Novice: 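A structure from the PDB, with adefovir included.
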Amino acid sequence: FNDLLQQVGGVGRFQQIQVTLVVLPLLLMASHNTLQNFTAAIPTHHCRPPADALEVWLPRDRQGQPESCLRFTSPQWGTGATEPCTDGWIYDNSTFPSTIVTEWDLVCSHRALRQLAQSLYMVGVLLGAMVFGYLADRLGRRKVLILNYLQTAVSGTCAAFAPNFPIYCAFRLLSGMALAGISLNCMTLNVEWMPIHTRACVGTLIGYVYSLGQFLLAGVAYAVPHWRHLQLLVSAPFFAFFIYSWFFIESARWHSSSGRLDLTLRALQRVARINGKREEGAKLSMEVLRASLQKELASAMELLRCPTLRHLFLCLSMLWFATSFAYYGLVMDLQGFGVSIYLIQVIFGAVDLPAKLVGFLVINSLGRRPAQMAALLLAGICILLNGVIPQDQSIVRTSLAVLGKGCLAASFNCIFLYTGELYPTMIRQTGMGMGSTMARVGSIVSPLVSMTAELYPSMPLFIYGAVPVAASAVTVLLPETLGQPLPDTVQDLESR
Ligand SMILES: Nc1ncnc2c1ncn2CCOCP(=O)(O)O
């Protein structure tokens, strides 16, 4: 197929149009994944005084600020009984006009609900990677993308107009399911329509576009602070994506695999018509297609079954869980640092750009494993130190969270490369999917861990730090891949 894709033009005039269009949605993946930092921000809440009759009606904490979850039973002038606040809460409207937290009183006893919603969105992301991955192999990378643009648009719009919390969570799970399928199918449709030598470039562009999405969330959230308006704005473009996605060309590779070379030929000729190498497309017929593509024409149980591939599976699963679990833990707590939540989102997104370069340098220059111990251990040390250092120190805490997020971004880049290199060709793609699945399990478990803040304010961070420190110790077991050719059989893994 690669000989044929190259026959039909060289990365020119279709691949440029379609890849631009298929990677444009990814800009708003960051906006959706981390949308709750802005759509669910917690304004300062203090209890509403009884209407019958704040200094007299609000108990004060050590800080001298009014206590969030309690109000005095009787008016205290100048040990007073404290009742939970039946009459609701008054929320500061200086920074956040409305958030899901203000709208549904997800405060005090129901504070965990704010994180349950993030976990549910991510349960949707895990489910969608699986459902839409199967559906794409059955119905096409394109048809599944068209339906996913419509689902994200409809679910996200309906979430913005959700009348109650259960409904917002349902439409956020479905938003995530669709978005998981968009992220997968954008990779498959672009990679399969692009030459093998350029495959790495496609993958990197997809990563950088997600990072630029972070700056998009910061700029958009500043402009549209209200949550219903911000959720609608971030889900509206997907309708426009759905409208132009009808003109995408289905992967000829998927057509060949299905058995329908008639559609492989039709796609290859259409692309020739676009790339401008028409003559060369006319030459392409079915006697030419059957020839050469002829040569082109294992189960996850294997990863567990073989002891050699089970060791590589377990170790890498710990590495993918840890990086995601910690990364989401840090990225989903922008308010505590003491700087604006918009500046911190911008800084975090601008740390990805030098992190990815430093990581590339260390990966190639030193090794692929030394980079993973360093990226994960340093992130763990930084997150644990962001737990120990007092809150008053905003600059020390911000700088250490920033460095830590950069290190976990490098770990994501290094684990994507290190994994492919570690697995044999037979179970390589299954292994990269299982690793990504464990990453999604990390993002489901992370908000649940954050709910332990009630037990101890620093327990969420101490766990967000200890898990990457343990994963760094696991990397020691994995085998170095720098300068070694990719394995083709289990025997090769074994020889290593
Ligand atoms: N579901 C996900 N699986 C793996 N990695 C993910 C997932 N969602 C977001 N990411 C991170 C994206 O790549 C790492 P980057 O933030 O440096 O681009």
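The residues of chain A that appear here are 3-55, 63-87, 99-317, 324-522 by the PDB entry count, in order. Every number for a ligand or one of its atoms is a count from 1 in the order of the listing. Worth knowing before you read on, the calculation uses all heavy atoms, side chains too, and leaves out hydrogens, waters and symmetry mates. This deposition comes from electron microscopy, 3.3 Å.
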Novice: Hey, which chain has the most contacts with adefovir here? Just the name UniProt gives it.
Specialist: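 The chief partner is Solute carrier family 22 member 6.
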Novice: What residues line the site of adefovir at a non-hydrogen cut-off of 4.0 Å?
Specialist: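 At that heavy-atom cut-off, the residues are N35, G227, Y230, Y353, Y354, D378, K382, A435, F438, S462, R466.
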Novice: Which UniProt-listed transmembrane segments of chain A, counted from the N terminus, lie under 4.0 Å from adefovir in heavy-atom terms?
Specialist: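 UniProt segments with a heavy atom under 4.0 Å: 5, 7, 8, 10, 11.
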